[PDB]
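Residues 56-460, 465-570, 584-859, in that order, are what chain A shows, numbered as in the PDB entry. Each ligand, and each atom within it, is numbered from 1 in the order the structure gives. Structure method, as recorded: X-ray crystallography, 2.4 Å.
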Amino acid sequence: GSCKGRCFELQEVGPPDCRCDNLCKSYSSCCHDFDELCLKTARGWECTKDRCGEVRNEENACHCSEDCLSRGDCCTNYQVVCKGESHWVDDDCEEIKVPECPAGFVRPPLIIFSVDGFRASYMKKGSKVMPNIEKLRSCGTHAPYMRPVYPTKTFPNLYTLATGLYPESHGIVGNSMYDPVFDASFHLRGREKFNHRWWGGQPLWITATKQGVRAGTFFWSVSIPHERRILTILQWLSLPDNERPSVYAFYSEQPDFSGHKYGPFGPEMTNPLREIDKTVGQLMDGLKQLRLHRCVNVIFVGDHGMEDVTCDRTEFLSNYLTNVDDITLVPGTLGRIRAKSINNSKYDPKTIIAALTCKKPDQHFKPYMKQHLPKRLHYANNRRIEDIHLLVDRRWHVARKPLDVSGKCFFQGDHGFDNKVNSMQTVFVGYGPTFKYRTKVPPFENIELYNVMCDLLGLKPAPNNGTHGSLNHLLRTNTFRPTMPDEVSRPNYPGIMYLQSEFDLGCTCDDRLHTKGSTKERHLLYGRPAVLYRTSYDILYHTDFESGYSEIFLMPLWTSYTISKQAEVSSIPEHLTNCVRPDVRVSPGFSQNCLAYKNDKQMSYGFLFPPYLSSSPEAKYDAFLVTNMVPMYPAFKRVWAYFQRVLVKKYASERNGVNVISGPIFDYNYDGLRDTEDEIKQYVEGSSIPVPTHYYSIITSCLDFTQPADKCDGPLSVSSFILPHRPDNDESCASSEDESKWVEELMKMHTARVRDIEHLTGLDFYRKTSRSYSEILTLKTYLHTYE
Ligand SMILES: CCc1nc2c(C)cc(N3CCN(CC(=O)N4CC(O)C4)CC3)cn2c1N(C)c1nc(-c2ccc(F)cc2)c(C#N)s1
Ligand SMILES: *[C@@H]1O[C@H](CO)[C@@H](O)[C@H](O)[C@H]1NC(C)=O
Ligand SMILES: [Ca+2]
Ligand code: NA
Ligand SMILES: [Zn+2]
Ligand SMILES: [Zn+2]
């Protein structure tokens, strides 16, 4: 009927009965008077000196009367101009040791101020452009930058913040999407983006509601101005205890729009950032009028950054593919290719990949079968993600035909590139009681934030991709303390059993031995990795390395070893080139056969521990054990040999020694999780030897580089890779030249976290350290970007 006193109501209303909520416009189910009651614009948003001590006029946008505080619907600057109060920004920065909330408040509220396309380097502008945001950043907990998820677009990142999930998990994989099961398209413009079926996981507002914690609107109907959104949140905070929600969200479309139109480094970006700051100023002043400015948790977060991208810097598939009218492309800062129609038979992914692979010297994109995309992107396991994907170089675009892209140039900026690119990095600020005071924190991924916001609201988080405890160093008080998971599979330590005579593996070499002593104290600085799944594996000790050999996979799950700064690098002797010796501690049955590698013309082998960095000539013979070999393509051996021969020593030289934990990964269903035996598709020809899809390497050192890797009492420094086990090096366009030119570039592109490896290996590292477990969780979430 009417929105008499029901403006922006938080309850549900079953059809009919016209609703007056924040989504009534988008479905067009608002009452006739909604606009002339709830969207009042009369006499602006700011109180004036001549409006102070006025009688209540209901038509006014915000009130400047005496009862406005009791009513809880004043203008944000009411007390400042009338009661002679100061702006929140003008006040001296004061530590919030305890939440200062009125009686009735059971928990301190949470305000999420999300800013679309907010570049991390905009904070450099400082108090001159953004005085209010500078105060929040300087006073509360802030990071130099926050890492978004790929693709670095609005919808995937905002819903990643909401759910703590990778876009492939929560299902919003882009602003543009096609689902083959629905046979419908999701777009930035359309009614289909309001359909619930597209949205997966459990966002913060659902988690809160189902645990008895009431939540305000997270979406605002497009035609509700920024000033009204702030006033509506401040009105909700004035509601009684039983009706008042504890979690709110504000979303601004700036400075994205101005970022696209003018560019990141544009002088026209100042005003849009002044505008954002004023909106924040209205909130903080508004909270101060309600006496909630030292009660409420404020998160100032962005979804992504912005890069200099021009229309003249565009690649066209018409200069690669002969028939362009056969494929549908999702163009711009990324590429997703599928068939235009399902009726087409000639459509071959293999031919399209080949045609797009290193054709031009200065090619500004690289084609990938989604399973071959870097694992750190976690962008494959979803039916809305197309098999063919193009990773576009920063500052560049990819279109189907030249006529697709348009005038002189409409856009000078864009986003959606690799999430490790500096220009795509966004902001996080945490102001309030539960957050720390004048505290800088290392950069972290936005996937982690859902866990933190749940902790602020005292909620049990839904199973997500955040490492719970990794952001405990953000908070003054922690409601969750993390615990190491219990080991499921206890290790075996098998002695000498089977004699060289019994081993008929079809092998040859042409040529105590295996004991513990310094093997643990030197080559396990951070303890034995725990196996978190039922499987039979053995602990094998050597003088140079220690490994956890699997009897099911017939190879090590992990191989740990340590190289000092003054460590020697020797060559593989010519008379030990094809040397592969049987391990007396393991049975012939639970061992690889060298015959299988001769039958398989495509598959060679390599060693997890390098013979190159053997302590003595006698110790090098331990490197040629059958329990230290893994199936490897000749193409990959070029990458792995260089790493082991050159780079493993190079790191030890610069990082004053390094501990290396190397091993295989099986992920044929590309879900980023450890494969079971049945899920392995490819084995070595005529054998039960499973072919790893990737090979990982956890390279740990001392943060204080003055101290060596062993005898490091201070914090730890870590870098990790997950190199794809490819039968070719087509990913590397310069693979023709010496390994030094290309191999290192490939590794930095396939950089990874420890958590990424732990998910893919089902292992748990850094179990015996001098560090707190929450500090280790941060070390495990750390990603070396090389930017
Ligand atoms: C481009 C901005 C935007 N536009 C929309 C639109 C049109 C709809 C929309 N949704 C998403 C939620 N969905 C209904 C819903 O409650 N659920 C479907 C799930 O099962 C739970 C459909 C409506 C989110 N939108 C968003 N997003 C992603 C927003 N970000 C947030 C957000 C996310 C995290 C934050 F920390 C703060 C704000 C919003 C919310 N709610 S508004
Ligand atoms: C992300 O979280 C979801 C839900 O817990 C899970 O299904 C998925 O496997 C997780 N991803 C990884 C890489 O662990
Ligand atoms: Ca898997
Ligand atoms: Na090549
Ligand atoms: Zn955005
Ligand atoms: Zn944008």
*Asks:* So, amikacin, clarithromycin, ziritaxestat, saracatinib, zafirlukast - which of those ended up at ligand 1?
*Replies:* ziritaxestat
*Asks:* Look up in UniProt the name of the chain making most contacts with ziritaxestat.
*Replies:*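 It is most in contact with Autotaxin.
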*Asks:* N/O to N/O below 3.5 Å, does that happen between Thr209 and ziritaxestat?
*Replies:* no
*Asks:* Quick check on atom 24 (C) of ziritaxestat - does any protein heavy atom sit closer than 4.0 Å to it?
*Replies:*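 There is a protein heavy atom less than 4.0 Å from atom 24 (C) of ziritaxestat.
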*Asks:* Identify, for atom 16 (O) of ziritaxestat, the protein heavy atom at the shortest distance, and state residue, atom and that distance.
*Replies:* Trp260 NE1, 3.3 Å
*Asks:* As deposited, to what residue and atom does the covalent bond from ziritaxestat connect?
*Replies:* none
*Asks:* So between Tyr306, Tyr509, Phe273, whose heavy atom ends up nearest atom 42 (S) of ziritaxestat?
*Replies:*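 When every heavy atom of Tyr306, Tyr509, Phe273 is considered, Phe273 comes closest to atom 42 (S) of ziritaxestat.
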*Asks:* Which Zn(2+) binders in chain A, per UniProt, sit with a heavy atom less than 4.0 Å away from ziritaxestat?
*Replies:*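 In chain A, UniProt binders with a non-hydrogen atom that close: none.
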*Asks:* Do me a favour and list the nearest non-hydrogen protein atom to atom 27 (N) of ziritaxestat with residue, atom name and distance?
*Replies:*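 Of every protein heavy atom, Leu213 CD1, 4.0 Å lies nearest to atom 27 (N) of ziritaxestat.
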*Asks:* So which heavy atom in the protein is nearest atom 26 (C) of ziritaxestat, and how far is it from that ligand atom?
*Replies:*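 Scanning the protein heavy atoms, the shortest distance from atom 26 (C) of ziritaxestat goes to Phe210 CE2, 3.6 Å.
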*Asks:* Mind telling me the UniProt active-site residue of chain A nearest ziritaxestat, with the non-hydrogen distance to 1 Å?
*Replies:*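 Least heavy-atom distance to a UniProt active-site residue: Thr209, 4 Å.
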*Asks:* Below 4.0 Å, non-hydrogen atoms only: which portion of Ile167 touches ziritaxestat? Side chain, backbone, both or neither.
*Replies:* side chain
*Asks:* What is the residue-level binding site of ziritaxestat with heavy atoms closer than 4.0 Å?
*Replies:*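 Non-hydrogen contacts come from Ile167, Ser169, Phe210, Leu213, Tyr214, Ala217, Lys248, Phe249, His251, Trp254, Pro258, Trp260, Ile261, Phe273, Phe274, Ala304, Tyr306.
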